[PDB]
Trainee: 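Structure below; questions to follow.
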Amino acid sequence: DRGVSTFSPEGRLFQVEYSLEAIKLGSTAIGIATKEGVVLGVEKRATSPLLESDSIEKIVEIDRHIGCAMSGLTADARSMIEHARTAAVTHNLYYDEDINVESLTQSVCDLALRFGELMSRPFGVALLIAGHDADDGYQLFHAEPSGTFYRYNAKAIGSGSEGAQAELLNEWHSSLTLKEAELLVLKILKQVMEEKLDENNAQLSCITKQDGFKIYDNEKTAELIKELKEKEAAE
Amino acid sequence: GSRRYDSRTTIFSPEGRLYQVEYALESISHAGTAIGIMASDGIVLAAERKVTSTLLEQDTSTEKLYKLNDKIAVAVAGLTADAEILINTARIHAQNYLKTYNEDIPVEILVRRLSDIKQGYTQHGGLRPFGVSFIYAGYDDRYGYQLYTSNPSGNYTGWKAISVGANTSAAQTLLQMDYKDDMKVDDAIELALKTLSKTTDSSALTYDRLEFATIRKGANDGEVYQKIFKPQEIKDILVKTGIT
Amino acid sequence: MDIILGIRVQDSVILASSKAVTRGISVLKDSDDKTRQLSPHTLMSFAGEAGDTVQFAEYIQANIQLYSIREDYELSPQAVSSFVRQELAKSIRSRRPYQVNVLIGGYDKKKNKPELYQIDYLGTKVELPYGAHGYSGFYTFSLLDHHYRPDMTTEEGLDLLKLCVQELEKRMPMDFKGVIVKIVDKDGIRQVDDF
Amino acid sequence: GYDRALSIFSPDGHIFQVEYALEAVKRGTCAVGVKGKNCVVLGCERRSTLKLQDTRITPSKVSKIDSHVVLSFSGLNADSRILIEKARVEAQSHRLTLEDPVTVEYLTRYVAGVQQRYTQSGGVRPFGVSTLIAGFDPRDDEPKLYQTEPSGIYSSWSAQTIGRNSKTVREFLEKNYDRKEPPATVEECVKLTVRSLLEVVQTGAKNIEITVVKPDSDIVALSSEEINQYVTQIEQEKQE
Amino acid sequence: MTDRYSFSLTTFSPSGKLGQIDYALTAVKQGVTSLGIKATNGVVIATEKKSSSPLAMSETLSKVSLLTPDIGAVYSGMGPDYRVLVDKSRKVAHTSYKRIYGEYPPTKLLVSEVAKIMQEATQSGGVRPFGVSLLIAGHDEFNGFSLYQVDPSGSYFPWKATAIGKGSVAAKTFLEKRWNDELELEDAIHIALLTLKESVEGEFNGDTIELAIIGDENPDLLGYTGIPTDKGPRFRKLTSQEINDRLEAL
Amino acid sequence: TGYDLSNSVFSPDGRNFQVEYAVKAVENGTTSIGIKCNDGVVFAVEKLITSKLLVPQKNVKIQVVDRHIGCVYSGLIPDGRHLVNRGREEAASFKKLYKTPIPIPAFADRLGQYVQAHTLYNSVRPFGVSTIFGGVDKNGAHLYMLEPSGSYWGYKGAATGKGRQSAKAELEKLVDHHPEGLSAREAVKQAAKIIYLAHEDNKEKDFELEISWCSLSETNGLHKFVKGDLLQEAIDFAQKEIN
Amino acid sequence: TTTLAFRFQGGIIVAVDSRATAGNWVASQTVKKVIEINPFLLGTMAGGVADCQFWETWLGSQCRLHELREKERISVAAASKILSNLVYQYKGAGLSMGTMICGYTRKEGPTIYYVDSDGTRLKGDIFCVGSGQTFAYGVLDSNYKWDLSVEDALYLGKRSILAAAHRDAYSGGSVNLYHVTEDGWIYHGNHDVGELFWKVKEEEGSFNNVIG
Amino acid sequence: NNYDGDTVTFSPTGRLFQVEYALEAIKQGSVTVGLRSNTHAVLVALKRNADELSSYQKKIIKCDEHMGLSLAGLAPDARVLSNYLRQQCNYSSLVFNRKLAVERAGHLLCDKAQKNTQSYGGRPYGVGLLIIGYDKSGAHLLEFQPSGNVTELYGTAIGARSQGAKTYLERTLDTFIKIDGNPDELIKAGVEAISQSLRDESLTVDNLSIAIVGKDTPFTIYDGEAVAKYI
Ligand SMILES: *[C@@](C)(CO)[C@](*)(O)[C@H](CC(C)C)NC(=O)[C@H](Cc1ccccc1)NC(=O)[C@H](CC(C)C)NC(=O)[C@H](CCc1ccccc1)NC(=O)CN1CCOCC1
C-alpha cells in the first residue's frame with residue numbers, strides 16, 4: 001500500500017483529494033448571504049419512503065449567532081459540530097462575548113489536517129458555516145477537509161453544486177432582501193434535486209442579528225414553496 | 001517503513017468476511033474431534049487424542065480436557081498452547097467473581113468474557129486470532145446443566161449436544177439422529193463413544209487415544225462432582241459398551 | 001446523617017433512618033431519606049461524611065442496576081453485601097477514602113429468608129439479627145438483647161422499633177427529627193408513612 | 001500500540017472497510033422493526049441449520065439496554081456484544097448524572113457515535129453490525145424506532161428491516177404500512193411483523209422471535225405457541 | 001524511530017497453516033540429534049557435540065543445561081535461541097515460583113512457563129518464533145521422574161522416551177524395541193549410548209558426546225553440611241571419563 | 001530484489017544500498033575541504049552564486065561547535081545543520097559533567113555513533129551529508145571526515161563534494177612537498193588555491209570563497225572566521241596561481 | 001453573606017445581600033450575589049467570591065452546552081448535580097461555597113437545590129445560606145405560609161435579609177430581589193439598607209431596640 | 001517511481017521524491033514577491049479566488065512587530081509554520097527581552113522542516129515562505145523552501161511565473177537597493193516587479209496585497225482601498 005500523508009507528483013495530498021470525491025456524492029446544500037441575513041438550505045434525500053424524514057438533521061445550530069449545514073459523509077460531521085459548539089461556548093466563558101464567525105471557522109479547520117500515522121483519515125464532509133458578528137456583519141464560509149476556508153456571498157456544495165453555483169453567479173446581487181434569498185434557495189434546490197421538491201424532503205433555515213439562528217417549520221417552508229410557484233407562472 | 005510487512009490481520013474481505021478468523025477455523029477442522037452431550041442428570045465430555053505414539057506417557061497426560069473450576073470444565077480443539085493462555089485467564093476470571101460476590105461464577109458469564117477476549121483480537125491490535133474452539137461444560141443454580149461452544153470469531157452458542165474439531169458434519173448428523181431429551185448420563189456416555197467410533201480417522205478406537213470426563217450430581221445429596229477418567233477407567237467403560 | 005437502625009424478623013427486614021440534615025448550628029432539612037434501592041428486594045441505608053454518603057450510595061446503586069440489566073437477574077443480598085464490602089475495603093487504602101457506614105437489608109428469594117448486613121467504612125462486614133451504626137448502638141443493642149425474639153412478625157418488629165426510637169429521643173443529645181421506616185420482604189420494598 | 005489506518009478513502013471517494021462491513025450485515029439473519037399507534041414490535045429470524053440447540057441458554061437476538069429500551073441487530077454476533085455493553089453502561093451513567101433515563105434518540109446517538117469513531121481511528125476496523133433501537137421516552141407514550149449502521153449514520157423509521165433478504169421484506173412493508181393509519185393495537189402490530197418475516201423465513205416454527213415493547217417499561221417476549229398461533233391464522237386467510 | 005512492528009509476523013494462511021511455526025520446525029529438523037529416556041529410578045538426556053572447528057574448545061559450549069537442582073534441559077535446532085531460553089527459564093523458575101513458595105517448581109509447571117514464553121513469540125508483535133525444540137527432564141516429590149518435549153508452537157507432551165532433530169525417525173524406532181517399564185537407570189544410559197552411535201558419524205567418545213542424568217540426590221555436590229532436609233541436586237552431568245568407561249562394555 | 005527500497009536491509013552482498021544512495025546526494029553537493037597544519041586546522045568551502053540577488057558574505061555555511069571545533073559539510077544542507085545541532089548538545093553534556101571541553105576524538109565518535117544509529121532502522125533515513133570537522137585540544141590538532149554510513153577517520157587533509165578528486169590530488173602534493181609541516185597562515189592561502197582549482201568542476205556559475213581556522217598560536221586555540229585583509233590576501237594568492 | 005430562597009403558592013422568591021468582606025475589612029457593599037444562568041435558572045453565591053463567581057459561571061457554560069446538544073433546556077436537578085459533582089472532585093482541596101440553584105421547568109415545576117463545597121446536595125422548599133443564615137431563618141420561619149401572595153412573599157424575603165443585615169456584622173449593603181414564575185425569573189430591584197431600614201422601622205413599627 | 005512512497009526513502013541517484021513533490025505544490029501557488037533597501041523591506045503578493053462570488057485567499061501573515069512573511073502553496077502548512085515563528089519570536093521577548101534576529105528565524109524554520117524529511121509516518125511541508133524583517137543589523141529578506149533550505153537575498157519571488165519578477169529584480173538590483181527613506185517608491189518598484197508575472201489578468205483593488213517593515217515602521221499589511229494608490 002502507501003502512506004496516508006503522501007504527496008502526489010502534482011503536489012497534492014492523495015487522501016484529501018479522495019475525500020473531495022466523497023463530498024461530491026453527498027446531498028446538496030446551498031447558502032446565500034444578504035445585508036438582512038444569511039439563508040441556509042439543504043436536500044434531505046430519504047433513502048426509503050418508510051424513513052421518517054424529520055429525523056434527518058443536516059442543518060445544525062453551533063451558537064445563537066452561528067449556524068451550520070453539511071454535505072457528504074454526514075456521520076463524520078458530529079465531532080466537528082461538537083468541537084465548534086465547545087469552541088464557541090469556551091470563548092464566551094474566557095472573554096464574556098460572542099466569538100467571531102471567522103475565528104470559529106478557523107478553529108474547525110484546524111482539525112482537518114490532524115490525520116496521519118491524531119485520527120486515521122481526513123473528514124469526508126464539507127460544511128457551510130453561516131453567522132453574524134458586530135465587526136464583519138453577516139458572513140458565509142465554506143469549510144473543506146483540506147483545512148482551507150473561503151468566504152462567500154453565495155455557495156453550493158454536494159452533487160448538484162457546479163450547476164447550482166453557475167445559477168448563483170447570475171442571480172446574486174448586493175441588494176437582495178431576505179425573502180428574495182429564501183425563494184432563490186428553494187428555486188435552485190428544485191432545479192438540481194432528483195425527486196420533486198416539497199416541505200418534507202427539503203429544509204430551510206436562516207440567521208439574523210435580531211432573532212438569531214432559526215430552523216424553519218415544514219408549514220412555513222410550504223408557503224414559501226407555494227409563493228415561489230405562483231411567481232414563476234406570473235410572467 | 002514497516003508498513004511493507006504488515007499482514008493486516010483485522011480487516012474485512014470484499015464479501016464481508018474476516019480472513020484470519022476463517023483460516024483459523026480451517027486449522028481447527030484438522031484437530032482431534034471433541035464431543036459434548038448434555039443429559040437431564042449430568043453432562044458428558046469426550047475427546048480424541050491426536051495420532052498417539054506407543055512411547056507417550058498416557059496416565060500423566062493432559063491435552064484435550066481442562067478444569068476451569070469445581071463446577072466448570074472445557075474440551076479443546078486447536079492449538080494447545082493458545083488454549084492454555086485462554087484457560088489461565090478464565091481460571092483467574094472465575095476467582096475474581098468468587099472474591100467479589102462470594103458466589104461461584106455463572107457459566108454464561110465466564111463464557112461471555114472469554115469470547116469477548118477472542119473478539120478483541122479480530123477488531124483491534126493487529127495480532128493473529130487464537131486458533132482455538134472450546135466446548136464448555138458446567139453447572140450453576142440458575143440454569144442447571146449447560147453446554148456452550150466458542151470459536152476464534154468470539155461468537156458463542158448454547159447446545160444440547162455438539163461437536164468441534166474434525167468431522168463435525170458427520171458427527172453432528174449422528175448426534176441429531178440418536179439424541180432425545182429424557183436421556184440419562186449413562187446413555188449419553190454410550191452415545192458419545194459410539195459417535196467417535198464411527199467418525200474417527202483411526203482403524204479402531206482404543207483407551208490410549210481418548211480423554212473422557214463427566215459432570216454429575218452423582219455425589220451425596222444436592223452437589224456436583226467432576227470426574228476426569230483415568231486410563232483404566234476408560235478401558236473398562238469401552239469394554240462395558242462393547243466397542244472392544 | 002447520624003442514626004440508622006436495622007432489624008431482621010421471621011419474614012422481613014426493617015430499616016429505620018433519621019430525617020435530619022444538620023450543618024453548623026442549623027437544621028437545614030427535616031425530611032431527608034437516607035437510603036437507596038439497589039434492586040427490587042435489596043435496600044441500603046447510609047450515614048457518615050457529608051457528600052461521600054450519597055456519592056457512594058448512588059455509585060453502588062448504578063453498579064447493581066448495571067448487573068441486573070446485563071444478566072436479566074437479581075443478585076442475592078449476600079452477593080450485593082460482598083460487592084459493597086470490597087469497594088469499601090479498596091477505599092480505605094486510597095488517597096481519599098469514603099467515610100460512609102452502611103446497612104444492607106434484603107430478602108433472598110431463592111432461600112425465602114430475610115437478611116441484614118452491617119458494614120462500616122473500613123469494610124468490616126457482619127450478618128446480624130439487629131444492627132446499628134454510630135452512637136445509636138450504645139442504646140439499642142442492649143435494648144434489643146432483652147426484647148428481641150427470632151420468630152417475631154413484621155408488626156411485632158415495628159413495635160420493637162418504636163421502643164428503640166423512643167429511647168433515642170429520650171437520651172440522645174441531638175434532635176434527629178424522627179425516622180423514615182421501610183420494610184423489605186417477599187413482595188419487595190415499601191415505606192411506612194405514619195411513624 | 002498498533003496504529004495502522006485501516007479505514008481510508010479510495011480514488012472514487014469510497015471507504016471500502018466501511019462498505020465491506022455492510023456486506024457482513026447483509027450476511028446476518030433478518031431483523032425487523034414495526035411501530036404501531038401505542039407500541040413497537042421487534043421481529044428476528046433464526047436459521048434452522050442448527051438443531052440440537054439449547055434455547056434456554058443461547059444468547060437471545062433482542063437485548064434490553066434499559067428497562068424501557070431494547071436493541072436488536074444484524075451482522076457479526078461478537079461485535080454486537082461490545083456495542084450492547086457500551087450502551088448499557090451509558091444508560092446507567094445517564095441516570096446517575098441527569099437523574100432521568102435516556103431518551104431513545106439519545107441512546108441511538110451514542111451507539112451511532114461509537115460506530116463512527118471506529119471508522120476514523122487507527123488500528124481498528126469498523127463494526128460489522130447494523131442495529132434497530134426501539135422504546136419509549138420517560139413519561140411519554142409516543143413510540144420510537146431508530147436504525148444505525150457501520151458508517152455511523154442514524155435515523156428514525158415508521159417501520160424498517162435489516163439483514164439478509166431485507167430488500168424483500170422492505171418491499172412488503174412499503175405497500176402494507178399506512179402512515180395515515182398505523183397498527184391500532186398490539187395484535188395488529190405483531191401480525192404485520194410476523195407476516196413480513198414469513199415472506200423470507202421458511203417455517204414458522206422455532207425460526208421466528210417476537211418481542212413487544214409498550215409504554216412505561218412494559219417489555220415481554222412471546223413463546224413458541226403464542227407465535228405459532230399467528231402463523232396458523234395467517235396461512236388459513238392466505239388460501240383464498 | 002521506535003519499534004513500529006506492533007503487528008503479528010506469524011499469521012494463518014488460507015489452508016490453515018501457521019507458516020513461521022512450520023518453518024521453525026524445519027530448522028529443528030536440520031539440527032543435531034538429541035534424545036531422552038525415562039527409567040524407574042531416573043532419567044537420561046543426551047546429544048552430540050558438533051564442533052565448529054578443531055581449534056574451538058567444545059567444553060566451553062554446553063548443550064545440556066541445569067535449570068534447577070532437579071531439572072535439566074537439552075535441545076535440537078538453533079543454539080543462540082536455546083541459550084537465551086535457558087536464561088529466561090532459570091529466571092522464571094525464581095520470579096514466578098521460588099520467590100513465592102520458597103521451593104523449586106515441579107517439572108510440569110516449569111515446562112508450562114517455558115511453553116508460555118515460546119507461545120508469545122508466535123503471537124506478539126514484531127517477533128519470529130523460537131527455532132528450537134526442547135527436551136526437559138526432571139524430578140519432584142509428588143510426581144516423581146518425568147520427561148517433556150517442547151515445540152516452537154509452545155505445545156508440550158510427556159514421554160517415556162523420545163528423540164528430536166536430524167535422525168529422530170530412526171532413533172525413535174530403535175527406542176521402541178528396547179524400552180520397557182522395568183528399566184533401571186544404568187540400563188537406560190546403555191540404551192542412550194547405543195541409540196546415539198547410529199546418528200553420529202565421526203568420533204564417538206566422551207569428548208564428542210554430552211550426557212546428563214536426573215537420578216539420586218548427590219550430597220557431595222551440595223557444597224555444605226548441617227541441614228538434614230537439604231540432601232543435594234538430583235541433576236548430574238557425566239564427565240568425559242565416566243562416558244568412556246561405559247563405552248568399553250558396550 | 002527490492003533490497004534497496006528499505007533502510008537497514010542487507011543485500012546479498014552484505015551492503016546497505018540506502019546508505020550508498022545517500023552518498024550520491026553528497027557527491028552532488030558543492031566542494032568543501034579541510035587541511036591539518038603545524039598547530040591546528042583550516043576549513044574552506046565553495047558557495048555557488050546562483051544570482052546577483054544573493055547578499056554577499058551573508059549566507060554562512062561553516063558552523064562552530066562549542067568554542068574550539070569547526071564543522072563544514074557537503075550535500076543536503078539541512079541534514080548537516082541537524083548533525084551540528086546534535087553535536088552542540090553532545091559537547092554541552094560532556095562539558096557539564098566533566099568540566100573540560102570535549103576532545104576532538106571524543107567528539108568525532110559522538111557524531112559517528114549518531115549517524116550510525118540512522119542505519120539501524122527502516123523508520124529513519126540515513127544522513128545525506130559528509131562532514132569535515134576538527135579543532136585543537138590538550139593533545140594538539142585533529143582533522144576528521146565523517147560519512148553517511150557512520151564511518152570516520154583522522155586525516156592529514158580531507159575533501160568532499162563534486163570536486164573531491166581534484167582537491168584530493170592537490171592535497172596529496174602538499175603532504176609530499178611538506179613532510180616537516182605546513183604553517184597556519186600558509187594553510188589558509190593553500191585552502192583558497194584548492195577551492196579555486198576545484199571550482200573547475202563547477203564552472204557555470206561563479207562562486208564565493210569562505211574560510212575558517214583554528215590554531216594554537218594564530219587564533220589562541222579558538223575557532224574564528226577569516227575576513228577582511230587576510231581573506232583578500234588569500235583570494236589574490238589563488239587568482240595569481242590559476243593564471 | 002446572607003442568602004435565601006423559598007418555595008410558595010406563586011413560585012419562588014430569592015433574596016440576597018450585597019456585602020463582601022476580608023476579615024473585618026468591608027471590601028464592597030455592591031456585590032452581585034445572584035447569577036442569571038438563563039431566563040429560567042438562577043444561582044446564589046455564598047462563601048469564597050472567586051470560587052462562587054468562577055464555578056457558577058462555569059456552570060452556565062455547561063448548561064448552554066446541554067441545550068445545544070439536547071435541543072432542550074436543562075433541568076434544575078441536572079444543573080445542580082453538575083455543580084455538586086464538580087466540587088466533589090475538589091473535596092479536601094479547600095473550595096468554599098454555599099450555593100442555591102433555583103428555577104422552573106415543565107417536568108419539575110418550581111424547584112430549589114442546596115449545593116455546598118463538601119458535596120452536599122439537597123432538594124427543599126426553604127433554605128438560608130451564609131454567615132447570617134440563622135438571623136434570616138428566625139424571621140422567615142416565623143412568618144412563612146404556603147398561601148402567601150406574590151406581594152407579601154416579596155416583602156418577607158426582603159425583610160428577612162434586612163434582619164440579617166442588621167444583626168450580622170458580615171452582612172449588609174443592599175437587598176437584591178428575584179421572583180421566579182412559570183414564565184421565568186423577574187428582577188424586583190436593588191434596595192439600599194441605608195434607606196430601607198428607616199423606611200421599614202417607621203412604617204412597620206419594628207426595630208425598637210434602635211434609637212429612633 | 002518505486003522510491004516515492006515516503007520521505008524516508010532515497011532514490012538510486014540520491015533524490016528525495018516526496019520533498020520534490022512538496023516543492024511542486026509551491027509552483028502551482030499564486031505569485032508573491034519580496035525585495036528590500038537598506039532602510040525598509042517590502043512584500044508584494046497576488047491573491048487568488050475560487051470564483052467571482054468568493055473572497056481572495058490572504059497570502060501575508062504577521063509574526064511580530066518587526067517580522068512577518070508571505071506564502072505560496074498549502075495555506076494550512078503556512079499557518080502551522082507562522083504560528084511556530086510567532087511562538088519563537090515571543091520566547092525571545094519574554095525570556096531574554098530580545099527581538100528575534102531574522103537570521104535565527106530562518107535557522108529555526110530550516111530545522112523544523114528537516115525533521116519531517118528523515119522520519120517514517122510524517123510528510124514534508126507543502127509551502128514556501130518569504131520572510132521580511134528589520135532587526136539590529138538592518139533590513140532582511142529570506143526565502144524558505146520545505147526541503148529545509150533557507151536563503152538570504154536582496155530580492156526574490158516564488159510561485160507560478162515567478163521567473164519574470166525574479167529577472168526584473170536582477171536587472172533593477174542597483175536601483176531599488178538605494179531607495180532609502182522612501183517607502184512609496186520601494187513599493188512602486190515591488191508592484192512593477194510582480195507585474196512582470198501577470199498573464200491576462202491585471203492588478204485590481206481587491207486583488208493586490210502589500211506589506212512593509214522598516215527603521216521607523218512596524219510590520220503592517222495593506223489591502224482594499226489602501227492599495228488603490230499603487231495601481
Ligand atoms: C458574606 C459577606 C461573608 O462570608 C458572604 O459569604 C460573601 C460571599 C459573596 C461575596 C460571594 N463572602 C465573602 O465576601 C468572602 C469571605 C471569604 C473570605 C476569604 C475566604 C473565603 C470567604 N470574601 C472573599 O472571598 C474576599 C473578596 C473581597 C474582594 C476581598 N476575598 C478575599 O478575602 C481574598 C481571597 C481569599 C482567598 C481565597 C482562597 C485562597 C486565597 C485567598 N483575600 C484577600 O484579598 C487577601 N487580603 C485582603 C485584605 O488585605 C490583605 C489581603
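Lettering follows sequence order; numbering is per chain, from 1. All heavy atoms count here, side chains included; hydrogens, waters and symmetry mates do not. Method on record in the header is X-ray crystallography, 2.6 Å. Portion of entry displayed, and contacts counted within that portion, nowhere else. First listed ligand is number 1; within each ligand, the first listed atom is number 1.
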Trainee: Okay, next thing: the drug at ligand 1, what is it?
Mentor: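 PDB records name it carfilzomib (bound form).
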Trainee: State what carfilzomib (bound form) is bound to in this structure, picking the chain with most contacts and naming it per UniProt.
Mentor: Proteasome subunit beta type-5
Trainee: Quick one: what other chains come closer than 4.0 Å to carfilzomib (bound form), going by heavy atoms?
Mentor: G
Trainee: With a cut-off of 4.0 Å on heavy-atom distances, which residues and nucleotides contact carfilzomib (bound form)?
Mentor: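 Using heavy atoms under 4.0 Å, it comprises G:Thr1, G:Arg19, G:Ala20, G:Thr21, G:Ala22, G:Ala27, G:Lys33, G:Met45, G:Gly47, G:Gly48, G:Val49, G:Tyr170.
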Trainee: Identify, for atom 29 (C) of carfilzomib (bound form), the protein heavy atom at the shortest distance, and state residue, atom and that distance.
Mentor: G:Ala27 CB, 4.3 Å
Trainee: What is the nearest UniProt active-site residue of chain G to carfilzomib (bound form), and its minimum non-hydrogen atom distance to the nearest 1 Å?
Mentor: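 By heavy-atom distance, the closest UniProt active-site residue is G:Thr1, 1 Å.
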Trainee: Help me understand the model: what, if anything, forms a covalent bond with carfilzomib (bound form), by residue and atom?
Mentor: G:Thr1 OG1
Trainee: In the protein, what heavy atom is nearest to atom 33 (O) of carfilzomib (bound form), and what distance, to one decimal place, separates them?
Mentor: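 It is G:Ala22 CB, 4.0 Å.
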Trainee: At what distance is the nearest protein heavy atom to atom 13 (C) of carfilzomib (bound form), and which residue and atom is it?
Mentor: G:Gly47 O, 3.4 Å
Trainee: Just need the protein heavy atom nearest to atom 24 (C) of carfilzomib (bound form), so name the residue and atom and give the distance.
Mentor: G:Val49 CG2, 3.5 Å
Trainee: Considering non-hydrogen atoms of the protein only, which is the closest contact for atom 4 (O) of carfilzomib (bound form), and what is the distance?
Mentor: G:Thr1 N, 3.3 Å
Trainee: Quick one: does G:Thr21 get an N or O within less than 3.5 Å of an N or O on carfilzomib (bound form)?
Mentor: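 Looking only at distances, the answer is yes, because the N/O contact criterion of under 3.5 Å is met.
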Trainee: Could you list the atoms of carfilzomib (bound form) found under 4.0 angstrom from a heavy atom of G:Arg19?
Mentor: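 Those of carfilzomib (bound form) that fall under 4.0 Å from G:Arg19 are 2 (C), 10 (C).
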Trainee: What atoms of carfilzomib (bound form) come within less than 4.0 Å of a heavy atom belonging to G:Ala20?
Mentor: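 Within the 4.0 Å cut-off of G:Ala20, carfilzomib (bound form) contributes 14 (O).
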Trainee: Under 4.0 Å from a heavy atom of G:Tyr170: give me the atoms of carfilzomib (bound form) that qualify, with their elements.
Mentor: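 It comes down to these atoms of carfilzomib (bound form): 1 (C), 2 (C), 3 (C).
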